[PDB]
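Each residue takes its place number in the sequence, starting with 1. Order of appearance sets the numbers: ligands from 1, and atoms from 1 within every ligand.
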Amino acid sequence: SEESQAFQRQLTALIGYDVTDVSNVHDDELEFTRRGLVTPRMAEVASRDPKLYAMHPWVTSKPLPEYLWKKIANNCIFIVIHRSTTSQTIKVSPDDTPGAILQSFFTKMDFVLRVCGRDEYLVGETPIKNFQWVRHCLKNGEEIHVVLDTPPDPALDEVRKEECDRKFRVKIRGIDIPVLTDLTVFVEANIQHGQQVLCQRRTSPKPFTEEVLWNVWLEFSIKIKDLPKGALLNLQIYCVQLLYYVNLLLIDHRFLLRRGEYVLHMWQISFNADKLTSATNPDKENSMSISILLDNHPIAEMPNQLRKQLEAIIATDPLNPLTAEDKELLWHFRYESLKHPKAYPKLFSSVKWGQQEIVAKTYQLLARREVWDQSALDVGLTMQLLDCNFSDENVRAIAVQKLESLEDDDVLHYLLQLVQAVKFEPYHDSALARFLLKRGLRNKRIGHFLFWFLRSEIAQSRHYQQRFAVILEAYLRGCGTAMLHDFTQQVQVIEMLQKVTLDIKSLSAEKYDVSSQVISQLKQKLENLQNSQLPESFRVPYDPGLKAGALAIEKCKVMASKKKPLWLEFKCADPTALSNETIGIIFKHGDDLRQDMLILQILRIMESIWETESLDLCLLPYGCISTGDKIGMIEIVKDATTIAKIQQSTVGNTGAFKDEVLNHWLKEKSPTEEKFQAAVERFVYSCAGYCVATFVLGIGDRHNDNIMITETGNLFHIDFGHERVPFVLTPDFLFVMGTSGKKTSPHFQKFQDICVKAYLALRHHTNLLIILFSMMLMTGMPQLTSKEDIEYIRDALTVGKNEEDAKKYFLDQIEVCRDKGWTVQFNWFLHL
Ligand SMILES: C[C@@H](NC(=O)c1c(N)nn2cccnc12)c1cc2cccc(C#Cc3cnn(C)c3)c2c(=O)n1-c1ccccc1
């Protein structure tokens with residue numbers, strides 16, 4: 001049908017890539033995946049409740065933390081209901097449900113309760129203590145305001161109708177680069193499984209000309225019958241240095257042995273998740289290529305010391321290497337290992353995947369999954385089984401099975417790095433992709449962030465754009481017409497605003513200070529865009545509950561920075577919004593904001609870890625979406641400046657520094673002395689939290705220009721673009737603490753206490769943090785050495801040490817900060 005053709009046009013515009021484009025492929029795996037994803041999409045579409053789906057209540061099953069219980073000593077909670085511009089307060093027990101509040105509301109004086117100024121609803125049979133909006137109002141000491149609205153028409157989510165024993169041999173023909181010190185170049189063929197090179201052959205070294213020819217059969221030691229599914233033929237081009245790489249799945253999505261002629265366009269090197277992609281470089285014009293031929297196809301006692309050695313192995317951290325003896329022990333006593341869910345990553349990383357019968361034994365082992373299936377959900381282990389070291393279908397399938405039991409709250413907590421983990425899938429259609437599709441189609445918020453996460457990569461990396469676009473298209477074909485409309489207008493808005501950001505950046509030279517003519521130009525462009533081209537309103541991508549409307553063109557500016565970010569402020573389209581404050585958005589080009597996304601998501605995961613132990617470090621992981629190559633959006637935190645400007649105002653701008661300035665700023669920006677006390681408390685907590693987080697992630701040695709503070713004392717690092725010091729604990733922070741280099745005021749003692757507590761809390765989830773850090777590096781960083789870079793978070797988390805030594809370690813970090821002072825801060829200016 002032609003309507004379906006226009007609809008595919010629409011989907012392509014939304015995705016930023018055409019999934020029907022068969023130009024850059026050597027098989028039909030992407031199409032097979034588009035076709036296979038139809039079943040789960042339609043299943044979840046038929047299974048989801050229209051009412052709850054449309055109202056998407058953001059709830060949780062976690063208990064209410066201790067610090068938020070300290071805010072409801074009355075066992076009562078006030079809710080301010082607005083029938084129609086007439087507000088009345090109702091007392092509610094934390095256990096009262098939305099329906100209960102209705103049956104009592106009409107007994108104090110069908111419908112639905114919505115959050116004022118937001119597309120959020122308090123619906124469904126959940127104790128209203130478990131509504132995220134209520135927990136937020138409690139955390140920030142705010143009243144819970146609600147509009148009595150009608151249930152959003154469930155019909156608005158309408159969904160359109162869907163419509164043998166032979167050694168493996170590979171002939172290397174040659175390499176061709178259309179245009180390119182010749183030196184020497186050779187080709188290396190690696191049969192790999194999960195980054196584990198099962199075998200390896202090479203060619204002879206030849207001078208590198210724009211065309212090099214071998215026509216040589218490379219025979220590998222592996223028999224064809226031994227090739228495991230998901231095995232990659234990894235072709236690399238060296239010259240000591242690795243110049244090019246590319247990959248081909250030896251077994252396809254049909255269990256068929258790959259066979260025939262292949263001319264693969266390769267990726268150039270500027271370890272790394274990009275080195276695993278099966279996609280070929282779509283730039284057939286400039287990129288190197290290689291020609292290959294495949295002609296080969298149907299798919300009871302245990303001593304004490306040994307059990308102790310085995311448990312020692314099992315107990316070590318995820319980054320602890322496994323000796324050959326360790327692997328042989330794990331494998332010989334594999335049925336004992338199966339009783340310990342934590343031994344699973346190490347047990348399966350001890351499988352000889354290059355042997356067919358060993359893999360069959362491993363599968364028979366996976367059949368004994370009683371202990372694994374009846375074990376509590378350990379996210380660290382699931383992540384470990386989903387990373388780069390596991391290419392087997394069933395191994396990863398068990399991790400996805402464990403993920404299945406997660407609630408939408410935790411799925412949002414881990415969605416970014418699950419999407420990223422999709423990069424470790426050998427095949428486009430995988431249990432992980434299907435699970436992300438399911439959980440996005442089941443919940444509108446998860447689907448919103450899934451759209452934006454998939455699109456951040458689709459429009460930025462050719463390595464995985466095709467796969468992510470297949471998945472995003474599968475999702476869009478089931479999210480519903482309302483969400484398609486929202487996504488369309490969101491994309492249009494962000495594209496206009498990125499146009500403006502780049503066009504303004506062009507108008508300025510290296511000299512930072514922007515001209516007056518450029519202020520005129522920005523005002524002109526914004527007013528021109530506001531009249532007609534800019535839609536009436538749009539959902540804030542990083543906060544899907546907010547609808548932004550008209551531009552406050554008088555408040556829009558551009559920073560006098562090397563990069564020219566745009567500071568835009570919108571009005572809230574929701575007339576029932578309880579305030580008049582503007583929605584702040586920073587549109588920035590020049591930084592890779594995928595790294596910012598990842599660091600922020602790890603920060604949120606750490607906050608949840610701390611909540612599990614009744615701690616609240618008041619971190620502020622502002623919204624942040626990467627929309628394209630070194631371009632994205634950032635949430636504008638209200639009433640926040642930078643420590644740098646707080647120094648510049650009073651101490652001058654010649655690298656000078658004074659210590660009392662922070663406290664004077666907090667007291668002059670504090671209306672009441674009591675609110676200043678509250679601001680100092682918030683400062684201590686947030687500073688401890690950010691010190692701990694920034695040391696754990698190895699990003700603590702920042703410049704005070706990249707550290708901000710709110711007028712209400714809340715501190716927070718920003719711009720994670722990319723003599724040292726473990727973290728930023730400068731003397732101006734200490735003078736707010738109440739210490740003069742040597743003293744130890746009650747607030748500094750509280751700060752040290754909170755630091756040690758949070759640090760040990762993180763050490764409790766050591767494994768999960770290690771795996772998340774490893775995945776973040778592998779999927780979001782430029783280039784990382786597996787040995788050096790990753791193994792920072794082991795020492796940072798002081799692996800293997802008892803809690804006493806870890807406390808002493810973090811306290812000595814604090815003492816290093818105390819000892820150095822402004823050394824690094826001043827050195828930043830010095831090295832101009
Ligand atoms: C500090 C910096 N970023 C934030 O403030 C911020 C926030 N509010 N949330 N958030 C969340 C994550 C990361 N960053 C943030 C910031 C960005 C910026 C982005 C675009 C345009 C402009 C501007 C301007 C301007 C024009 N004429 N004149 C006099 C000033 C700016 C700007 O001025 N500053 C800034 C610098 C020092 C002191 C105070 C403000």
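- The drug candidate or drug found at ligand 1 is named IPI-549.
- In this entry, more contacts with IPI-549 come from one chain than from any other, and UniProt calls that chain Phosphatidylinositol 4,5-bisphosphate 3-kinase catalytic subunit gamma isoform.
- Most residues around IPI-549 in chain A come from the UniProt domain PI3K/PI4K catalytic.
- Binding site of IPI-549, heavy atoms within 4.0 Å: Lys557, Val558, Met559, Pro565, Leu566, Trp567, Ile586, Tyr622, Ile634, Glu635, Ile636, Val637, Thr642, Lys645, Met708, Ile718.
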